[PDB]
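Snapshot of MLN8054 at Aurora kinase A.
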Amino acid sequence: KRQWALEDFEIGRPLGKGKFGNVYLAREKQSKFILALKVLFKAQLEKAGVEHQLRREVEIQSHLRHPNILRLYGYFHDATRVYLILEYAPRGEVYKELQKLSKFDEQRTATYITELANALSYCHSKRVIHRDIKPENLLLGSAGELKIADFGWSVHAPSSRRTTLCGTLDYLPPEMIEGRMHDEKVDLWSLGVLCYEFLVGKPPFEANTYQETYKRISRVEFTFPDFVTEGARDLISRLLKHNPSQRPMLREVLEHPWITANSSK
Ligand SMILES: O=C(O)c1ccc(Nc2ncc3c(n2)-c2ccc(Cl)cc2C(c2c(F)cccc2F)=NC3)cc1
């Protein structure tokens, strides 16, 4: 019922630069509740033509609540900018963790996969598919649990990381690159690419050129390093099926023996 304004927030340190503004660590003045305030410059939004996309995602995002989806508490604007009031993830970016460690062990990875499969299953129930779950779009909450970030198009790919185009291609299902129709099964594919990247430290299809990466995805050709265990190979292999129809249901990922044995939750 209450209406938010810039004055309601104590703006602390800048967390990073988006394409249309900055994101800041902030506190709501009364409750001192910590949150992330994302700023967007309207004229810039309009010129990039993302103005209506932003509105659609805000409407959709506003109805989503899940422990592993970064929460949109609300938003407001003045004549020049729009302000997104976002959940703050106190443990920062997964992608950085991934380079600090190079790759994640089976317990960490399987627990992450559980968290995401729950999130994606919830999304599907809300008719929301093809959520971006590549590492650069994953944050960490106060309990080390994954948080799927919102509005990934408004931020630049990490410099230290894969660039935007490469990053996105790395995670595209064969059906979407072969220009066919797609459905929820797209999320099973992303989960499989992620699981692989978490365990190995690089996505399964990445090659020197976009062209080769494209080719490899289309043919679903990749190899497991020797250190990937049989249970992980089984799950990843079931996820990275060319025919979307042969991919597991999310409940089947959640009950998969490698997940059950390795997950903390
Ligand atoms: O460095 C630290 O010490 C650090 C860094 C980050 C956090 N936590 C955090 N929590 C929420 C958000 C962000 N960061 C965040 C920060 C900056 C920017 Cl440019 C974008 C966002 C995002 C975001 C987004 F909008 C689209 C895609 C990906 C996103 F990550 N969403 C809110 C804590 C500590």
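By the PDB entry numbering, chain A shows 125-389, in order. Whatever order the structure lists ligands and atoms in, that order sets their numbers, starting from 1.
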Query raised in the report: Which neighbouring residues and nucleotides define the binding site of MLN8054 at 4.0 Å (non-hydrogen atoms)?
Result: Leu139, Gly140, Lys141, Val147, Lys162, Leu194, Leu210, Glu211, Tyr212, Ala213, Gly216, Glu217, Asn261, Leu263, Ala273, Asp274, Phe275, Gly276, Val279
Query raised in the report: Which UniProt domain of chain A lines most of the contact region for MLN8054?
Result: Protein kinase
Query - Enumerated MLN8054 atoms positioned under 4.0 Å from heavy atoms of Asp274 - result: 24 (C), 25 (F), 26 (C), 27 (C)
Report task. Could you check atom 12 (C) of MLN8054 against the protein and tell me its nearest heavy-atom contact, residue, atom and distance included? Result -> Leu263 CD1, 3.5 Å
**Report entry** Sub-4.0 Å protein heavy atom next to atom 19 (Cl) of MLN8054
**Finding:** yes
Report task. Considering the heavy atoms of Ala213, write down every atom of MLN8054 situated less than 4.0 Å from one of them. Result -> 7 (C), 8 (N), 9 (C), 10 (N), 11 (C), 33 (C)
Requested in this report: Indicate whether atom 2 (C) of MLN8054 is within a distance of less than 4.0 angstrom of some protein heavy atom.
Outcome: no
Query - Heavy-atom nearest neighbour in the protein, as seen from atom 23 (C) of MLN8054, with distance rounded to 0.1 Å - result: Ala273 CB, 4.1 Å
**Report entry** Nearest active-site residue per UniProt, chain A, to MLN8054 (non-hydrogen)
**Finding:** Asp256, 7 Å
Query raised in the report: Based purely on interatomic distance, does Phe275 place a nitrogen or oxygen under 3.5 Å from a nitrogen or oxygen of MLN8054?
Result: no
Report task. Pick out, from the UniProt ATP-binding residues of chain A, those with a heavy atom under 4.0 Å from MLN8054. Result -> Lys162, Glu211, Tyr212, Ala213, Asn261, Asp274
Requested in this report: Using a strict cut-off of 4.0 Å, indicate which atoms of MLN8054 neighbour a heavy atom of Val147.
Outcome: 17 (C), 18 (C), 19 (Cl), 20 (C)
